[PDB]
Undergrad: 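Model shown: Cytochrome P450 2B6 + amlodipine.
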Amino acid sequence: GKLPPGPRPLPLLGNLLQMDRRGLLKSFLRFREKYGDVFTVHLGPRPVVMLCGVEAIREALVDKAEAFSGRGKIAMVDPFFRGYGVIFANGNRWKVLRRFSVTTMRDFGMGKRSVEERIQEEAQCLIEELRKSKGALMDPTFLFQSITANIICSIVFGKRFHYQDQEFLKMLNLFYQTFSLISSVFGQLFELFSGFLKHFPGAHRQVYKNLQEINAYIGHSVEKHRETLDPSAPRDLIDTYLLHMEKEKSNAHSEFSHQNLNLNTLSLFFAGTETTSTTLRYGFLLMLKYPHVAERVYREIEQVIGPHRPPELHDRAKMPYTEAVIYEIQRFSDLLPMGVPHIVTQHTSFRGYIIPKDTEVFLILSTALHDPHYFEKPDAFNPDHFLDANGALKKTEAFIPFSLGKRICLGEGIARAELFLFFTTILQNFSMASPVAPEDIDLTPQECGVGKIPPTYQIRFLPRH
Ligand code: HEM
Ligand SMILES: CCOC(=O)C1=C(COCCN)NC(C)=C(C(=O)OC)[C@H]1c1ccccc1Cl
Ligand SMILES: CCOC(=O)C1=C(COCCN)NC(C)=C(C(=O)OC)[C@H]1c1ccccc1Cl
């Protein structure tokens, strides 16, 4: 047939006057109830196919990966990245780079210090800092952003930064800033009417500016790296890349070397940004609303790890309640209700509809995370959602906060490690508190733009002896 069905569009407004205010996703859900799991929405002049439910998403990224493994455009930032980097690249440029980063993560810490090892130290760093607090009320946004960044700085640069380092705090704010700029009213509108709306200055000019600045730091650092390279003792991800380049220069067709080192790197920071920090931020609001969940976790830790030695990844298996409490957190948080845009690469038949080469496509993962067929009463927080009768860990087809298929999250490994190690280590050492009663805690996500973001909150961490 043709493009899946959906609301009657206007000429260059598409379906935009029909949306909700300001529950965009909430709009998408109203269309769902009218059109099914496979509708088309005209976001401005552009046609975008939406897909809901596990079956649909899976049919597309897994069953039909030949077609649906494209990355869709993101106007606010494509003028900078220009197609470079794992999250942004398509075709051969991506296939070549995805592979390299994959093998590099796989073999990292083979020679040098392991990712776990890095997370553990950041963790211990974190706790001292949290203790230095002396049980004071704080907003932890800053720190969580810090620790997550640090882990990627550790991987890529071979080092972490002191939480007070100003060179650091500046760089950080530059990211956060760039993000909320794309999250804004404008960045939204820029993504639509960029065709004409790029001439004028906007937040897009500012965003390039901010990305350019950060990029200066990466180029500088790559140089410092070329000047201290030991071919037989790679310290970091940079060191590994630069080496790949040389062995690569002795080929004939280095698709790899024709690529912008800096951007690739920046893009990796971008990807991992605002990622875990948000989840963790959400995590501890939840532990304030459900303290009895917090206490149980602690007890498991005390039971399995005890009060002194640093939790480690191996503990995971033996701690199913915690792995469940973490899973439910991710599920409930719905970081990216809509994934990251895809485009289809070949013309394709999907549920007897005909989708054209180059159509943008959204996998609405919120709908998988909230499938009442897999999660009883899905709008509430419940770890049990990942436990059986026994209380053994219960994994499901539906928990795909990381998407599925070829483009599936590059940092899942890393991500899951962070969440565990940070979550347990904090909790090993501190109980939580807040001026606000559990039953007064508002969980309502901000849903500002394309991400879900928890409301802001005061928290204090409390030591145990
Ligand atoms: C809780 C944190 C995270 C979540 C929920 C998450 C989820 C996702 C999702 C949904 C995608 C898009 C996949 C798709 O197209 O369906 C993705 C892609 C990606 N993520 Fe994450 N991610 C997280 C953290 C990270 C981190 C820390 C990194 C840093 C290494 C990262 C790096 C990437 C990269 C590089 C891609 C694109 C790779 C590719 O497209 O081939 N993610 N992630
Ligand atoms: C293509 C890069 O997008 C990301 O990496 C995002 C991220 C980064 O994590 C996604 C990578 N796993 N999260 C956030 C917060 C995003 C956002 O737009 O917040 C306003 C998204 C995001 C940022 C910029 C543009 C689009 C999106 Cl979805
Ligand atoms: C492609 C057009 O961009 C938008 O209109 C968006 C919008 C539309 O904003 C409507 C404001 N009236 N917001 C959301 C949620 C976006 C998003 O990516 O969430 C997944 C962004 C968005 C959608 C698709 C691709 C990129 C972005 Cl930034």
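In chain A, numbers come from the PDB entry; the residues present are 28-492, in order. Whatever order the structure lists ligands and atoms in, that order sets their numbers, starting from 1. Both backbone and side-chain heavy atoms feed into the values below; hydrogens, waters and symmetry mates do not.
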Undergrad: What are all the ligands or chains assigned to amlodipine?
TA: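 In this structure, amlodipine can be found at ligands 2 and 3.
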Undergrad: Okay, next thing: UniProt's heme-binding residues in chain A - which of them have a heavy atom under 4.0 Å from amlodipine (ligand 3)?
TA: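 UniProt binders with a heavy atom in range: none.
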Undergrad: With a cut-off of 4.0 Å on heavy-atom distances, which residues and nucleotides contact amlodipine (ligand 3)?
TA: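 With heavy atoms under 4.0 Å, it is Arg49, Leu51, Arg73, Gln215, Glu218, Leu219, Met365, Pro368, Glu387, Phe389, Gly476, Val477.
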